[PDB]
Structures are given as structure tokens and as C-alpha cells.
Amino acid sequence: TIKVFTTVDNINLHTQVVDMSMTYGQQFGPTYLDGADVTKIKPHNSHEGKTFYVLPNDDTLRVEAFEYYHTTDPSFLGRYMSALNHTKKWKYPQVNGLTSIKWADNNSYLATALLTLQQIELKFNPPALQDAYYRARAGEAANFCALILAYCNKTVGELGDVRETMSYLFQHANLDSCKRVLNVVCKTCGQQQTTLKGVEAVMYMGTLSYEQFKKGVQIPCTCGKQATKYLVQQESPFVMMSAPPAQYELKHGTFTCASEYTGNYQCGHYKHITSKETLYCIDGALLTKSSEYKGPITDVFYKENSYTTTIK
Ligand SMILES: Cn1c(=O)c2c(ncn2C)n(C)c1=O
Ligand SMILES: [Zn+2]
């Protein structure tokens, strides 16, 4: 017999005596050793003392799992392991001071999401995610990428959407106190103010221009006229403005960073544009600098703190 540790978080370890005549799966359920699936394997003597991950299959492990990952989805950990086997083999070059990802397995959407996160102010609430995120910021991003895939219910190689991805991640970020107040004005129906909080206060779908959002965008009214919607008040460290991809000119110094999307739902590619002393296009491991940029932009990120309209 051998003594080992089992765990769901590699924080709380639990002693186990292992029967060498049974596989790990027969004793523990699906079981991983340093990420390798050992479910169908007989214990080796050399495994004595090692730490194994298992699926949360009792109350203690379930609570520990929830406390570390902030999800009760029982398939989460298996999904994470499957992703991590791949993301450990990706490469994470430093590009223009940021951790990027060299292209692999259609991962451009994860690269531009990671590049974006390093330019906006945000903290993740699940300890697993915030821990992985700080390692990713330093260049060791495999765990962070596998968690993102797991949180988004995506597998390695699946095409992804940055906006959807950002939405899921923001739901695990402390945006609780972010606030947006909007006003919609119809000459017939009058004015209707709305207040949004959390993730809905920092994401908008329909226009890339933050300035246009402040000035007012035309939206239809059920009465049949065109109403105007504009931003009354914003309280957040950034905003995300998105729209269906379309040719768009990005101007140095008017935005923080942006996502460009080429292709369709069957085959496509993201690039990342950032505004520094000039414009930089980060494309996985590739870097290109230019003073102007035009492309099929789909998300633009802007810094914010507090904004109040002067529209009376
Ligand atoms: C996979 N892939 C694409 O699919 C792609 C692209 N540029 C345009 N497209 C569509 N690049 C650079 C790419 O690596
Ligand atoms: Zn109306």
C-alpha cells in the first residue's frame, strides 16, 4: 500500500492510503498526476507521497473546489485538465512589454483577451483565476489560459469570440460597484433613464465610439420615431465598446486597445491593436507599428474613472 495526497486545489491536501491492486479511478474517480490522467493506471511505488488531483466527489472537496474556482460545475476540473495539457505547450512571448501567445489551436481570441486584460484595471475574485492571472502577467500563462477555456466552456482548438470571452471573465471580476446611467429621448414618448451595474455597466454592443455614445446614438422607438440614447454617467476604470466587425479607423491617443476580427464563424482570426507612443498591432508573436490603423474592428477599450454628461 502507499500514502499519497489528494486535492482539488493544490492548497488543501488530504491524506489517502492507496490500494495497489485497484486503479486510481477505482479508488478515487478520475485522477490526475501533474496534469496527466492516471484514472486507468495502477499505483506505482514511486508515487508514494505525491499530490494527485481528483474530482470533487464529497462535501469537503466540493466546498474547497467552490472556494477556489467559484463554480459548482462538477465537470470544471476535468475540462481544465484537458485544456492545460495543451496550453502548457503554447508559447507566451513578451511583446511590446505584454504577455502574448504565439499562435496555436485557433487561440488568437485568447491572445487578444490576455493582452487586453494587461491594459485595463481589474481583479478576479476566484483565487484560482487571480493567482493564474498574475502568473500570466509575468509570462507563465498556461494555467490562466486553461482556466479561461474552462470558465468559458470552450475546448482547445475551438474558434472563440473575444466579447463573449470578456463577458464571462468580467462576471468573475470585482466590477460590482461599476455604474452606468443612460438616457433615451424620444420627442413623443419623452425621456427614460436606465441605471446599469456590474458587467452591464462596462459593456456596450452597437458602436465602437465612446465619444459617439456620449454625444448620443440613434435607436428606434416603439412609437415609430428615432430616439436618441446617450451616456449620462459612468463610474468604472474602463469601458468596452463593441459592434459587429466593420472597417474602422483607430486614432492614436483616443483609445486604450482594440480587437480586430477577420473572417467568419467557420474560420477567422483576431489581432490586437494598442495605443502607446504610436499604434502597435500585436498578432500573437508578431509585432507591427504604425501611426495609423484601419481594419475590421469589433471591440474598443477605453480608460475611465468617472464621467458625467453636460447634456441638459
Ligand atoms: C489562422 N489564421 C487565419 O485564419 C487568418 C489570419 N489572417 C487572416 N486570417 C483569416 N492569420 C494571420 C492566421 O494565423
Ligand atoms: Zn417614441
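We count residues from 1, following the sequence as given. Just the heavy atoms: all of them, side chains too, but no hydrogens, waters or symmetry mates, feed the values below. When a ligand or atom number is given, it counts from 1 through the structure's own listing order.
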Ligand 1: main contacting chain per UniProt: Papain-like protease nsp3
Name of drug found at ligand 1: caffeine
Which UniProt-defined domain of chain A has the greatest number of residues in contact with caffeine (ligand 1)? Peptidase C16
Could you peek at the entry and say which residue and atom carry a covalent link to caffeine (ligand 1)? none
What residues contact caffeine (ligand 1) if the heavy-atom distance limit is 4.0 Å? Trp103, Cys267, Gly268, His269
